[PDB]
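Drug tamoxifen bound to macromolecule CES1 protein.
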Amino acid sequence: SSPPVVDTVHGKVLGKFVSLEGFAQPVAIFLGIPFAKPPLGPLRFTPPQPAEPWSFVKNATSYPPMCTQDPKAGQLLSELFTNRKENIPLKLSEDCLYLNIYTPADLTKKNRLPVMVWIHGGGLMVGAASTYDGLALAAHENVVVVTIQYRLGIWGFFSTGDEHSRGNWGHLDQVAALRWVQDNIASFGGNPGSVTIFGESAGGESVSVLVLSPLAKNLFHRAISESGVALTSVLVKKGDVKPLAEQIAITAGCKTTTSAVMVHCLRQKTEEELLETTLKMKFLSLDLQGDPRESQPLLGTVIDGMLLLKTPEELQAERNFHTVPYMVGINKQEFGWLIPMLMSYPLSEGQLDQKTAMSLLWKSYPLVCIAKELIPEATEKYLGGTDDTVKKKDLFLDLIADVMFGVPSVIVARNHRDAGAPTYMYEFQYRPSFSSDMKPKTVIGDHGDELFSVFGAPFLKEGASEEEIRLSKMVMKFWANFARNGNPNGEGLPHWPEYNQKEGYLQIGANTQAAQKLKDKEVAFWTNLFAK
Amino acid sequence: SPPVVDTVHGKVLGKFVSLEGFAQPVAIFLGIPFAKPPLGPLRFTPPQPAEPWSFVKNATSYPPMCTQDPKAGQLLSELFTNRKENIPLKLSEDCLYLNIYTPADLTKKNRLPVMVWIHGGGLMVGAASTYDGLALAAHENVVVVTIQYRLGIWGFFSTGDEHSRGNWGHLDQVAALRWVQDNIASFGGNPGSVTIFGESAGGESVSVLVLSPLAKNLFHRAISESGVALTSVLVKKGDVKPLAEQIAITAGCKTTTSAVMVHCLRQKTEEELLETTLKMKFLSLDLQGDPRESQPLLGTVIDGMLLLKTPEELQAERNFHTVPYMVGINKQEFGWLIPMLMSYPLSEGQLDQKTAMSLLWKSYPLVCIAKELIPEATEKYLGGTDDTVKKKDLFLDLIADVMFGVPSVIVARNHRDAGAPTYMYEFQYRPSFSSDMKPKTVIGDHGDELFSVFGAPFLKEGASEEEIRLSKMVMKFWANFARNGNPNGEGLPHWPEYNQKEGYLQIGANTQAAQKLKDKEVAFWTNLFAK
Amino acid sequence: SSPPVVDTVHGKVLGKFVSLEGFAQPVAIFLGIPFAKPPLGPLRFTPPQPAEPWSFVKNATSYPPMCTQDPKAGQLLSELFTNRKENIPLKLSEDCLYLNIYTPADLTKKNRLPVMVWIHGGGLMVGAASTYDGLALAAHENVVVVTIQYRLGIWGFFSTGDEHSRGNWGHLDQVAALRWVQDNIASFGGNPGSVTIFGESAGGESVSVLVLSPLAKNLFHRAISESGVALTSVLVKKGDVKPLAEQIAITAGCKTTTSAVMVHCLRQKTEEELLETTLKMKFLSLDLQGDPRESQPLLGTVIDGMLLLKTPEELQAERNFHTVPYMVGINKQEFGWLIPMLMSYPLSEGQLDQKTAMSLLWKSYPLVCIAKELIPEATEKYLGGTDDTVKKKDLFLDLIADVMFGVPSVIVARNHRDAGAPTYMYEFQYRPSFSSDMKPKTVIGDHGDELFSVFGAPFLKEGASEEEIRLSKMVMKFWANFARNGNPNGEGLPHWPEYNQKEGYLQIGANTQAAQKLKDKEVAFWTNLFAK
Ligand SMILES: CC/C(=C(\c1ccccc1)c1ccc(OCCN(C)C)cc1)c1ccccc1
Ligand SMILES: CC/C(=C(\c1ccccc1)c1ccc(OCCN(C)C)cc1)c1ccccc1
Ligand SMILES: CC/C(=C(\c1ccccc1)c1ccc(OCCN(C)C)cc1)c1ccccc1
Ligand SMILES: CC/C(=C(\c1ccccc1)c1ccc(OCCN(C)C)cc1)c1ccccc1
Ligand SMILES: CC/C(=C(\c1ccccc1)c1ccc(OCCN(C)C)cc1)c1ccccc1
Ligand SMILES: CC/C(=C(\c1ccccc1)c1ccc(OCCN(C)C)cc1)c1ccccc1
Ligand SMILES: CC(=O)N[C@H]1[C@H]([C@H](O)[C@H](O)CO)O[C@@](O)(C(=O)O)C[C@@H]1O
Ligand SMILES: CC(=O)N[C@H]1[C@H]([C@H](O)[C@H](O)CO)O[C@@](O)(C(=O)O)C[C@@H]1O
Ligand SMILES: CC(=O)N[C@H]1[C@H]([C@H](O)[C@H](O)CO)O[C@@](O)(C(=O)O)C[C@@H]1O
Ligand SMILES: *[C@@H]1O[C@H](CO)[C@@H](O)[C@H](O)[C@H]1NC(C)=O
Ligand SMILES: *[C@@H]1O[C@H](CO)[C@@H](O)[C@H](O)[C@H]1NC(C)=O
Ligand SMILES: *[C@H]1O[C@H](CO)[C@@H](O)[C@H](O)[C@H]1NC(C)=O
């Protein structure tokens, strides 16, 4: 037909029509719409600013660059998570505050379809919005799908602890994109009055953070955190961050005389100079030699004083904040493969023992934060059963998946429920046929596995069993319904109990049926252990 | 008793200078800043108001000319200068200055018409210090202002998007005009009677300002000499991104996105960009390669701010600011100066149908004639005498018509049909100030009227009494236009307005009116191009 | 109990309680409160901007860096003037617009104690606020003592003579601090309505300058210049400064095409690059080989058009400016040791003679500005007495101390007096026990010798005779009383005649008694000599 030409606040944007198998109405797709001014030069380490308005018709027809991040880890994660046929090779640039829109609406008429904003994950160190294709979800459930990008690593989370560089640039970028949604989405047949944000892992945590943030108030109306919340310690730095700032500054070749000096010095560095420092900082990998308490796995969220007025924990204490329908879920085996693999865990033997375990758990301090003293008591409550090493090692991985996502997600769900807001929980237990070959065939419900169902991978990729195609159809219906009514339920779908005092949740997979008190036993155990 | 005028930003000190046979000495101020130096981050951005100074700024030294090829720059300065000694100039990104020549007695109120001169140089070279206003100012009693604007990459670099729209140079130009409105009164000038005039690219600029919304109300009479907004070579229509990327790669930059390019270039040093400017090989006719790829230079673009759409489209609707507009050309635009500089293969002094058609093709950037129509055009002009040397000249007329000839006339007509006072002229004279290397058969070579217009005869030496008179006449004519929007006046031949009869003025040894200038050629090309 | 936490305009500030021998109420000490935004990057060579407000509680508990200067010369001066026990080694940085506060007030209650702002000296090329400890003065006289810093050297006084870099950045920095005191000092139990500014040497000159500046109007209510005023030539550049600018630019490796080109080119230079140029420019040292008229001893105040509308001489002509109680004083032997020492004066023979003298006086042109023709007439009026060479030297040194501080100070005093404003003069003649060993015991009242009494060095240092302890007790009472009522006098202290037509001043030291017409004979002599 004819290229779509929507009219936004900063000017006209031109897209491209794409049809999905067995769908009359073609989906309008705009790739690379800028939602802010490039954070280059002096804008680095500062909040994002409004984008400059353009004069004619901007061609939103090319995949925007992904924020600077280690190019290997980045491309890799893009392949293992992409829900599309071909993995699109991406480019790197500080100029990355862009978002992609997938609208199933017939733009020739008014339309106010629920909007779903996806915040990709990647430990806040890597990732990209272009990885996730919204064609399917948009087509199948009739919702406008928007994929946003935000500053990562040093660029998006470098913090000096003071006003010279507060931090959370990335989250601010996120908040920025949501403001863009409020002021424009209507021109793409979406209802700015019904926005639903949902993210996975670091993306999920972001969502949990926004729910806590004062700035995010009124920018969304329903939230969904998948495999990650604001209590996932590894992503939130509590304590004096000055030391890390100083390390980074030094690694980049900077004086550390004062905060203002460090920030300045760094603003002078070239992107490559900073990408080079990142690599040197050796993030994203498990340090096996050195004090586990000094190892810094990433540059995460902080209590800046603008986005987060206090530790997530304290915050959720007072239900006095913006409470909305919130769906919090986790996967059966979060630490089953994908992560212990990308980080390079000493598990080539495929077996473990009390001694080796306790040592690992200790060296895994940055990820779980368990005191060297309590290590023994924890390693036991989980590995003290069967003497079977291979079982102990499989229990070891559960040990971590519980402290990182399990308990945290449930604790967040509960406080949200007791806040008086509609809460739902789920536990995805399935092994997508899209898994990597290298991932054992026994590992089911690994980290990011639900992604394929959620983004309709079966309808864009190849080889989906008729069983998997159905699983995806259901999950989307469920997700889209939430986006619509703050309740996943609807006819033709199993019943999803609300997460109330009974604590009912939904086990999703080959066999989808409700249950209760998810990880209840674990939340109880860890809570005391940590109480010392 | 140095002149000390008071402007909005502060006091400016100049210098008095007397001209032969004129009681009143002319106050001359060299180097007044009309904008904040576009250095650092200000590069590739619109010009900003200059910082106001505290005491008395000494406007007594020729300001630097914007960065540009020092060789091509200095050479043009000599070949066009209307003064005795050429003044060697300096290069710098800090060049947003203007010079003023006021014949008024600053001890009294005076509101003399103002004439703002926009030098030319293909938007690549040139300076305002080259042209001296002493003469024109004293002789016709008008305040003369010479402005400078960013050239080359510094002034026309465009990414085609909001990250670097382009036309920085033209924006500087508008900047200067705003300055004149808020200050020229302090130099005995009438801010309500400002006339802009340029030569070549400057002529084009003047034509662009007439189409631009931003220029509305900053001038009241316009004059385009050998160049308008339809002189294709100077206006970039089409996706400019490609050229941006090439430039960016040449200077050693990533081309990831638009923002990235602009940012990386902002970081480059002046020398770095001047170096890139040379590498890009602008101003030189590329004889080997696809003529549709050779980029003659960086020019005007349709940015969305200065020009809301192509000049052609704009002049369609007479709904814009219409003012008395004088549009002229010279007998032989492509006679020597232009071809000589770009180094042309006419070292043989003769051509032939085959060779011609090839050149015309390799001159695509200059004329923009499709390889299919080339044969049909090469004929309509060279199809007569078999004399090669005659073809070698008919060839030069061929270019002179597509570049200035027809375009100028087309612009004149649309303005006329807009309901505005329009005048045209055709200068046919060989100044005694021409270069030696210039063949004495060329009469009306590009930029020949400049010597007459700026009274070169009264500043230089050896002007025949016949030339002195031609100059006296042109200025009178120009000045009158600046005064009433009509060149006519007593003591001058009659200059018919450019209405339906299309009367224009042939100027030179024998100055008399005529009609339908290039009429035959306008008609021809118009269709050829209609394919 | 623990930590004081004041609340300022830009956010809360946390300090530390320090008790002084024999004083109940502990003094609240805040070190390093920012009063302006770091003048880094593009902000270099531009007026200082308001500081960025912070989010939580800033820890004002570390000595701020001292502005970029000669680390050797800097630390050395720090030692020779510090009133505290241990000299505190400082750090260098362009980020240095900080001030330190010492408030004896009980912050748990409202208090409006007179405020005393100290502007350290150092020839505008070196120095720092951390050198001077306000604990004593604050405690002993119950005044809030504030020590400020301001850009020195190229960073604070680089001028192009035009609007592209007017200059006096350092003096604007000073004014900025005072505005900060107006808008904040109240929160430290200070009376923003009773601020007194006082400085020694270059700091004294600055005080003298703010008294003439329109920008300083209403930021203070009493002034005190110690050994330095606006007529101390060496510190004020009158004439075309462009030449010097260009030299500096050339030395730093810059094009001098235009003023704006030079400023821009310099902004690009790194701190080290500029520190390196500062060193090459061989400042603060006496050039013995070259035209004395070209030697530039330092970068100083200039007639910018903002801070100073015209030369101090012209300005003081019209009493039409802000007149306030002004105490101007000098030391018995300003040029006795310290300076000739630091500047490296050839006097290693400890003796001189008419010929040698006239040559030095000439080569000391930058410091005194005596034309080569008048040199003979001046060298005589002073050395013409005794044929004793060693006396000629002592006399030679007096010759200088009078042209640089003697006369200048008295002239400033008189004009201020004839303006109708309360004026007081003093002559300090004492040899502190804290002097350097290298300082001959003959010398008394060397440059900056009054500092030890003024800042209560005897109460923080060791070895103060009971005679010295008293001298200090007295000086502070005097200074403090002034800060309080614009009149040093009070009961328990000698009488200090106001500086009226009788021209009564106060000789201070072992024997403190009034006198009259200070340097009167010299003011008269040099006035004509200079009139040629
Ligand atoms: C939020 C969990 C996470 C992840 C992760 C995020 C989303 C999906 C899958 C994994 C991670 C880990 C390592 C990595 O690259 C290692 C480089 N190698 C290729 C050498 C890239 C991403 C993480 C856990 C602890 C510390 C830091 C990040
Ligand atoms: C603990 C389950 C496991 C893992 C595993 C390790 C870390 C995280 C998650 C899983 C495994 C998989 C592949 C492997 O090596 C392939 C050869 N290349 C390295 C060249 C080594 C170890 C395993 C499965 C079956 C048999 C033996 C071990
Ligand atoms: C608008 C016509 C013009 C001119 C011109 C403008 C005003 C007066 C005279 C000539 C031009 C040509 C060559 C040149 O430099 C060659 C030096 N070396 C590179 C050899 C500098 C300027 C031009 C024509 C075609 C392409 C680009 C510009
Ligand atoms: C078309 C005008 C031209 C030109 C010319 C062409 C392009 C640019 C600049 C100048 C010319 C003139 C002299 C010359 O060589 C002299 C050395 N020896 C070989 C004599 C070579 C070419 C010309 C003028 C008169 C007669 C014939 C041609
Ligand atoms: C305004 C009087 C002053 C002083 C001064 C200021 C306050 C207290 C004591 C001395 C000065 C002199 C030399 C010096 O360092 C030499 C380093 N070398 C050993 C390398 C540092 C400061 C001065 C006099 C003339 C020109 C420049 C400054
Ligand atoms: C002007 C007071 C002065 C000075 C002095 C010179 C320049 C700057 C500051 C002080 C002095 C001190 C010691 C000296 O030599 C020691 C070598 N020994 C082997 C003796 C030479 C000169 C002096 C003091 C006492 C007696 C004579 C002169
Ligand atoms: C630079 C580039 O080649 N990519 C395209 C960009 C991209 O959309 C953004 O850089 C990221 O999406 O936008 C354009 O289409 C446009 O504004 O007209 C230009 C170009 O075609
Ligand atoms: C080389 C140059 O142009 N700079 C000069 C500027 C000019 O005013 C402007 O640049 C415009 O001429 O200021 C001076 O003239 C001056 O006031 O002493 C000296 C300086 O050299
Ligand atoms: C970098 C450094 O160690 N200095 C200190 C600075 C100071 O403000 C000034 O730099 C000098 O006191 O910041 C703190 O005070 C702060 O607000 O937390 C603590 C920090 O220790
Ligand atoms: C934008 O896309 C349209 C497709 O209809 C195309 O015509 C246009 O040239 C594109 N923009 C550019 C100049 O790349
Ligand atoms: C500020 O001071 C308090 C107490 O002295 C201390 O607990 C806190 O950690 C300090 N902040 C800094 C600089 O880390
Ligand atoms: C004008 O004044 C400046 C200083 O005010 C002086 O240096 C200059 O010599 C004078 N003009 C010139 C350069 O002739």
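Quick note on labels: first sequence line is chain A, next is B, and so on, each numbered from 1. Atoms considered below: every heavy atom in the structure, side chains included; atoms not considered: hydrogens, waters and symmetry mates. Every number for a ligand or one of its atoms is a count from 1 in the order of the listing.
- Looking across the whole structure, one can locate tamoxifen at ligands 1, 2, 3, 4, 5 and 6.
- Other chains in heavy-atom range of tamoxifen (ligand 6) (under 4.0 Å): C.
- Among residues UniProt marks as active site in chain C, the one closest to tamoxifen (ligand 6), with its least heavy-atom distance rounded to 1 Å, is C:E334, 9 Å.
- With non-hydrogen distances under 4.0 Å, the site around tamoxifen (ligand 6) consists of C:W337, C:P340, C:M341, C:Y345, C:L347, C:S348, C:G350, C:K393, C:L397, C:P440.
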